[PDB]
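Dexamethasone complexed to Ancestral Glucocorticoid Receptor2, as determined in this entry.
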Amino acid sequence: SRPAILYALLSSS
Amino acid sequence: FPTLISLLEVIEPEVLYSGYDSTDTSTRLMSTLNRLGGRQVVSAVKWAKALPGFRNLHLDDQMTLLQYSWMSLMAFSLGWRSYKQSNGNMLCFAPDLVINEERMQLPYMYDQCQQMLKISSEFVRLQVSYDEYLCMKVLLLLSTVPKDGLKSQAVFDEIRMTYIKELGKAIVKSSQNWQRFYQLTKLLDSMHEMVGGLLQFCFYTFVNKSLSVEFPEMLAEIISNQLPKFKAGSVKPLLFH
Ligand SMILES: C[C@@H]1C[C@H]2[C@@H]3CCC4=CC(=O)C=C[C@]4(C)[C@@]3(F)[C@@H](O)C[C@]2(C)[C@@]1(O)C(=O)CO
Ligand SMILES: C[C@@H]1C[C@H]2[C@@H]3CCC4=CC(=O)C=C[C@]4(C)[C@@]3(F)[C@@H](O)C[C@]2(C)[C@@]1(O)C(=O)CO
């Protein structure tokens, strides 16, 4: 599982 | 209208206050650095989103570049600060949380604390200009990649030289535009190596539960993920020399 927060910031939606 | 270098100048995130309760156990202090470091890194993410050309790398290379370069960034920034603010003398993580010689005497700190200063030391040796600084800082993000490169290889490739271009420009402000590049790309080299230390420690402190060292959600997520990837040593430091 690549990191939750870091991801969401880059992707959004 | 406008220069990218000036765009760089504007996006650079504001210095952060640590909120440190400065009345001094060395577990606490490092726990705090971590708390601070989390937001610092959150700030570097917006800063990434608003780098020109970053959005059209591939989400994975975005994650990846950040995840691998993140310490490299924070340590670099910390060098710049510690340069500007005590001209090399002290580590200035936040205006409120400064490490004088005295706080290095603290249990486990010194080791790391000396190799953070080394980074500041290099700003002092080269007398780096703020424009020069920003430029590398960007590069440092694009300097820590897998051994088997990127999920959108081409795109990166151009960008990298783009910002190297910009570093030219920066020293252009004679017979320097290839000459000073040596002194300064030599730094971009020696980073990978000096980060190596801090990066490790950090790792040690992370998995070693029984130290009581506290790391915040953000960073946990990334360290705990970047851990195995760095176990393999499957990470390519792109240099110049
Ligand atoms: C527009 C020109 C072309 C520029 C060069 C473009 C290509 C290049 C490739 C390299 O392997 C390293 C840097 C260089 C060699 C360069 F990016 C800089 O050095 C600055 C440069 C010479 C320039 O800015 C100068 O006139 C320098 O005096
Ligand atoms: C020496 C290592 C590397 C350290 C980091 C070095 C870079 C940095 C600069 C800052 O201004 C904010 C926090 C960070 C991002 C950091 F200072 C803290 O997080 C604590 C840290 C991980 C460390 O002290 C630990 O491993 C503590 O567990």
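The order of the sequence lines fixes the chain letters, beginning with A. Chain A is numbered as in the PDB entry; shown residues: 16-28, in order. Using the PDB entry numbers, chain B covers 529-551, 554-703, 708-775, in order. In each ligand, atom 1 is the first atom listed, and ligand 1 is the first ligand listed. Going by what the header records, the deposited coordinates were determined by X-ray crystallography, 3.4 Å.
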Write down the other chains contacting dexamethasone (ligand 2), where contact means heavy atoms under 4.0 Å apart.
B
Could you pull out the residues near dexamethasone (ligand 2) at 4.0 Å? Heavy atoms only, by chain and number.
B:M560, B:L563, B:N564, B:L566, B:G567, B:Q570, B:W600, B:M601, B:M604, B:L608, B:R611, B:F623, B:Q642, B:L732, B:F735, B:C736, B:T739, B:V747, B:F749
